[PDB]
Protein chains: 2
Amino acid sequence: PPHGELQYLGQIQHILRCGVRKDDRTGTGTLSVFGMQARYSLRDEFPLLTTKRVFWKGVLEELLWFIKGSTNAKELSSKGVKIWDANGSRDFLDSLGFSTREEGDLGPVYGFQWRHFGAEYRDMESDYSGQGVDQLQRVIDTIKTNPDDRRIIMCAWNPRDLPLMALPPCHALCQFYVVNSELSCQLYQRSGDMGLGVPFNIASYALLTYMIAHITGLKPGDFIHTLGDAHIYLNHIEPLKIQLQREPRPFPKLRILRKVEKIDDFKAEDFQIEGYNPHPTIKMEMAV
Amino acid sequence: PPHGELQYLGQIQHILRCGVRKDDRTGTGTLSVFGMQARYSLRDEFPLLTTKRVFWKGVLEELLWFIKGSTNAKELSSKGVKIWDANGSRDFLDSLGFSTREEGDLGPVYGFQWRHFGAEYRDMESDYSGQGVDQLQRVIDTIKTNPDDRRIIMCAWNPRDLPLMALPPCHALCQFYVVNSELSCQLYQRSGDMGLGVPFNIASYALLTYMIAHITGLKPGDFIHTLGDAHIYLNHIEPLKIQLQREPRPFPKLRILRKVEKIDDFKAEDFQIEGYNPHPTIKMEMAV
Ligand SMILES: Cc1nc(=O)c2cc(CN(C)c3ccc(C(=O)N[C@@H](CCC(=O)O)C(=O)O)s3)ccc2[nH]1
Ligand SMILES: Cc1nc(=O)c2cc(CN(C)c3ccc(C(=O)N[C@@H](CCC(=O)O)C(=O)O)s3)ccc2[nH]1
Ligand SMILES: *c1cc(=O)[nH]c(=O)n1[C@H]1C[C@H](O)[C@@H](COP(=O)(O)O)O1
Ligand SMILES: *c1cc(=O)[nH]c(=O)n1[C@H]1C[C@H](O)[C@@H](COP(=O)(O)O)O1
């Protein structure tokens with residue numbers, strides 16, 4: 001079969017060639033296409049793009065960070081991953097009307113929604129243990145007791161909390177699916193920065209599926225990536241054209257070195273990416 | 001000029017050919033595939049399937065019923081559309097442990113979530129005016145003022161309310177998009193009964209897009225249908241095979257018979273499907 005990475009490269013080709021110029025919140029301007037989907041096999045291979053070196057350390061730490069239910073950019077930043085620090089800045093928080101909010105407090109985003117959906121948000125320092133719906137655990141439990149369930153959904157998009165977010169989730173929800181001992185996951189990404197966030201986001205959900213398959217005794221199946229506003233920022237056009245001239249390389253594999261029982265038990269050292277031979281890193285300037 | 005209906009027919013082919021046997025909640029059994037996407041153009045045509053006659057009256061009536069904010073099956077039944085009566089019957093309600101609920105009360109379903117997301121659900125007769133988030137109107141307001149917004153989402157999936165729903169929404173959420181004066185809509189349907197619900201569902205959202213496009217002064221663009229568990233029930237394989245032998249006929253057109261100002265203003269007589277010439281109707285027994 002063909003290299004799964006060609007789907008992503010193909011989506012980049014399409015947007016660059018046929019995407020429509022669409023202004024945006026950041027003011028950078030974009031080339032956009034509405035509605036896209038790709039299927040990444042998770043069977044004996046891991047979808048970490050090769051046409052560009054993907055910041056894997058960032059992916060792994062962000063997910064563990066999400067899993068802990070943290071909304072403090074400081075805690076992830078202490079791991080050497082600064083991807084969310086800009087959004088927790090004093091200046092940025094103020095530009096949204098969050099002047100009384102401490103620096104690093106991203107609001108009730110991902111982690112908070114996944115583990116405490118519906119809980120009354122105070123601040124990043126608050127203890128929400130036992131508050132709200134722990135969707136992640138409910139998803140894990142359902143997969144174990146009734147794998148045929150067609151309602152295995154973890155939703156980050158919370159209408160009543162959007163006002164408190166420094167940035168509404170680019171990932172509204174994801175759905176899990178089990179058939180013949182294989183676990184699949186589909187992500188609905190309402191908005192996708194193709195050159196920066198997407199490659200990262202793909203690896204992230206592929207990792208989450210591996211983690212959940214591991215503790216549920218299942219084999220990773222497919223990761224389906226569904227996009228809403230799939231866009232390429234104007235300043236990413238040139239670097240993306242360089243990346244398109246690169247031939248994909250066999251996807252690496254992901255090894256889980258230890259037998260884990262609970263999702264909260266995983267640690268960075270538990271994972272190992274082997275056979276990852278990517279082309280040189282390509283810098284995509286952040287939009288703001 | 002590939003006919004738009006070929007996508008739905010191709011999805012049926014794929015599932016019959018590659019779908020995997022998967023038991024289900026109803027005990028009927030299905031052929032299943034996880035993750036699918038189809039794009040139905042809404043430009044000078046309406047995607048009402050022709051390889052079988054679709055119950056358009058039901059489609060229109062159900063959507064007007066959603067907009068009214070109703071969660072009472074009887075209010076739709078009184079229009080001659082009985083699609084939700086079973087899910088509101090005494091026996092079915094009792095089977096889910098809702099014996100204290102009145103017959104016809106579907107719980108916090110679409111009507112409620114769309115117009116009062118977050119509000120505390122009491123019963124189908126309660127007045128929720130001013131309670132919760134009226135996502136529908138907010139969506140309309142944003143389309144009219146900031147069309148580039150990548151967060152135009154209407155969510156029906158509410159983790160907090162699920163334990164009260166007679167049937168968790170098969171349509172988790174939808175996202176709207178605007179470019180070149182065209183309004184597009186993507187639906188994330190977590191579970192799709194390909195033979196029964198899907199054809200109907202596709203018409204439902206195409207209609208919603210036509211409605212919003214009308215009140216916002218935009219032209220309908222694309223309707224992207226995204227599926228989670230796309231399945232063909234076993235007792236639908238024979239009739240679907242017959243349907244697949246039928247050549248689609250040009251899609252009809254949808255006419256709005258007068259300038260409507262507000263979404264709540266639409267009445268059934270404001271719409272006319274013209275040039276609809278479907279093949280004979282194909283009954284698809286309900287599963288359970
Ligand atoms: C416009 C915009 N696009 C984004 O993709 C985006 C992403 C995040 C958060 N996030 C989920 C991120 C994932 C990956 C990131 C990133 O900057 N990656 C660089 C790595 C450079 C480095 O830190 O060493 C890269 O992949 O090149 S940032 C926050 C705001 C955003 N804003
Ligand atoms: C297993 C199952 N599949 C469904 O598609 C489904 C749909 C609803 C509600 N819904 C959203 C529906 C949309 C269309 C419907 C339907 O029965 N359509 C028939 C029409 C027969 C008639 O004319 O009355 C059809 O299209 O053949 S039902 C409730 C439970 C379900 N249960
Ligand atoms: C958000 C977060 C993420 O994990 N990955 C992403 O791709 N993004 C991107 C999408 C978009 O360019 C921007 C968020 O902006 P908006 O809310 O869509 O306006 O970050
Ligand atoms: C639900 C409602 C709708 O509008 N469209 C649909 O196709 N369905 C289908 C999907 C599934 O076969 C069943 C609902 O069951 P479940 O909750 O997925 O188990 O009806």
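Residue numbers begin at 1 in each chain, while the letters A, B, ... track the order of the sequences. As the structure lists them, so they are numbered: ligands from 1, and atoms in each ligand from 1. Computed from heavy atoms alone, side chains included, the values below leave out hydrogens, waters and symmetry copies.
Bound to ligand 2 with the largest number of contacts is the chain that UniProt calls Thymidylate synthase. In this structure, of momelotinib, raltitrexed, gefitinib, the molecule at ligand 2 is raltitrexed. By chain letter, those with a heavy atom nearer than 4.0 Å to raltitrexed (ligand 2) are B.
Of the heavy atoms in B:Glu62, only side-chain atoms (C-beta onward) come closer than 4.0 Å to raltitrexed (ligand 2). The residue from B:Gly197, B:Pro239, B:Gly192 that puts a heavy atom closest to atom 5 (O) of raltitrexed (ligand 2) is B:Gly197.
B:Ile83 CG2, 3.7 Å is the protein heavy atom nearest to atom 15 (C) of raltitrexed (ligand 2).
Atom 7 (C) of raltitrexed (ligand 2) is never approached by the protein to below 4.0 angstrom, counting heavy atoms only. For chain B, the UniProt dUMP-binding residues having a heavy atom under 4.0 Å from raltitrexed (ligand 2) consist of B:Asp193, B:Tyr233. Every atom of raltitrexed (ligand 2) is numbered from 1 in the order shown, and the set under 4.0 Å from a heavy atom of B:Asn87 is 29 (C), 30 (C). Of the candidates B:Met286, B:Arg53, B:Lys52, B:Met286 brings a heavy atom nearest to atom 31 (C) of raltitrexed (ligand 2).
Among protein heavy atoms, atom 4 (C) of raltitrexed (ligand 2) sits closest to B:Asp193 OD2, 3.4 Å. In chain B, the UniProt-annotated active-site residue lying closest to raltitrexed (ligand 2), with its least heavy-atom distance, is B:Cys170, 6 Å. The residue from B:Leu49, B:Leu196, B:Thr281 that puts a heavy atom closest to atom 16 (C) of raltitrexed (ligand 2) is B:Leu196. Protein heavy atom nearest atom 22 (C) of raltitrexed (ligand 2), with residue, atom name and distance: B:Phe55 CD2, 3.9 Å. Near raltitrexed (ligand 2), within 4.0 Å on a heavy-atom basis, the structure shows B:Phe55, B:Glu62, B:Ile83, B:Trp84, B:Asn87, B:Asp193, B:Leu196, B:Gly197, B:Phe200, B:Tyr233, B:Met286, B:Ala287.
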